[PDB]
Q: 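Please take a look at this structure featuring ajmaline.
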Amino acid sequence: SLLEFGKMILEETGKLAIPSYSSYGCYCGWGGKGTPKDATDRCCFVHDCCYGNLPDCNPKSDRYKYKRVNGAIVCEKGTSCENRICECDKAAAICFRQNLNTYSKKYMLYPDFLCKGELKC
Ligand SMILES: CN1c2ccccc2[C@]23C[C@H]4[C@H]([C@@H]5CC(O)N4[C@@H](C5)[C@H]12)[C@H]3O
Ligand SMILES: COc1ccc(C(=O)O)cc1
């Protein structure tokens, strides 16, 4: 659920999901079209796609459990949907951390009309 995800992001990067990653570029947030503006936005695109492989799961509200094993995120056993949601979120958090160096405030509150082009998962 968004609760586990925003907490995962905060622990990883130091930034809060909202508003550092809720209205970023073309894919971080409500976003769902265009060409990712940068690496961080590409993390959200892939995260999007990852949730995309789980049509019968509800990523926003289904809660999962996870623990830190010396920094490393370890998804704990839950239902099938919860395990996969967690893997999707774990990947995005790490991707976010790996690209913190290029995070640009230029792509914050990014206009919808500048999300141009197309990309398939
Ligand atoms: C295509 N679409 C879907 C088609 C059928 C069921 C569920 C989904 C989505 C909505 C949502 C989310 C991610 C992130 C995203 O932008 N959306 C994608 C993948 C999915 C995922 O949940
Ligand atoms: C990062 O926080 C959120 C909250 C709600 C939604 C949504 O409702 O689609 C997406 C991200």
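In this chain, residues are counted from 1 in sequence order. When a ligand or atom number is given, it counts from 1 through the structure's own listing order. Side chains included, hydrogens not; waters and symmetry mates left out as well; all remaining heavy atoms used.
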Q: Counting duplicates, which parts of the structure are ajmaline?
A: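 All copies: ligand 1.
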Q: Which macromolecule makes the most contacts with ajmaline (ligand 1) here, by its name in the PDB entry?
A: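 Main partner, per contacts: Phospholipase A2 VRV-PL-VIIIa.
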Q: Which nucleotides or residues of neighbouring chains are within 4.0 Å of ajmaline (ligand 1) (non-hydrogen atoms)?
A: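 The heavy-atom site around ajmaline (ligand 1) is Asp48, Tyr51, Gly52, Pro55.
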Q: May I ask you to identify the nearest protein heavy atom to atom 5 (C) of ajmaline (ligand 1), giving residue, atom name and distance to one decimal place in Å?
A: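 Going atom by atom, the protein heavy atom closest to atom 5 (C) of ajmaline (ligand 1) ends up being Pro55 CB, 4.0 Å.
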Q: Suppose we measure from atom 2 (N) of ajmaline (ligand 1) to each protein heavy atom; which comes out shortest, and what is that distance?
A: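 Checked against all protein heavy atoms, atom 2 (N) of ajmaline (ligand 1) sits closest to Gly52 CA, 4.7 Å.
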Q: Which UniProt Ca(2+)-binding residues in chain A pass a heavy-atom distance cut-off of 4.0 Å to ajmaline (ligand 1)?
A: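 UniProt binders with a heavy atom in range: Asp48.
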Q: In the protein, what heavy atom is nearest to atom 12 (C) of ajmaline (ligand 1), and what distance, to one decimal place, separates them?
A: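 Protein heavy atom at minimum distance: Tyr51 CB, 3.5 Å.
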Q: Quick one: does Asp48 get an N or O within less than 3.5 Å of an N or O on ajmaline (ligand 1)?
A: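 Such a contact does occur with ajmaline (ligand 1).
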Q: State whether any protein heavy atom lies less than 4.0 Å from atom 15 (C) of ajmaline (ligand 1).
A: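 Yes.
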Q: Just wondering - which UniProt-listed active-site residue of chain A is nearest to ajmaline (ligand 1), and at what heavy-atom distance (1 Å precision)?
A: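 Going by UniProt and heavy atoms, that would be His47, 5 Å.
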Q: Help me out: what species does this PDB entry assign to chain A?
A: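 Source per PDB: Daboia russellii pulchella.
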Q: Taking atom 8 (C) of ajmaline (ligand 1) as the reference point, report whether a protein heavy atom occurs under 4.0 Å from it.
A: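 When distances to the protein are checked, atom 8 (C) of ajmaline (ligand 1) has no heavy atom within 4.0 Å.
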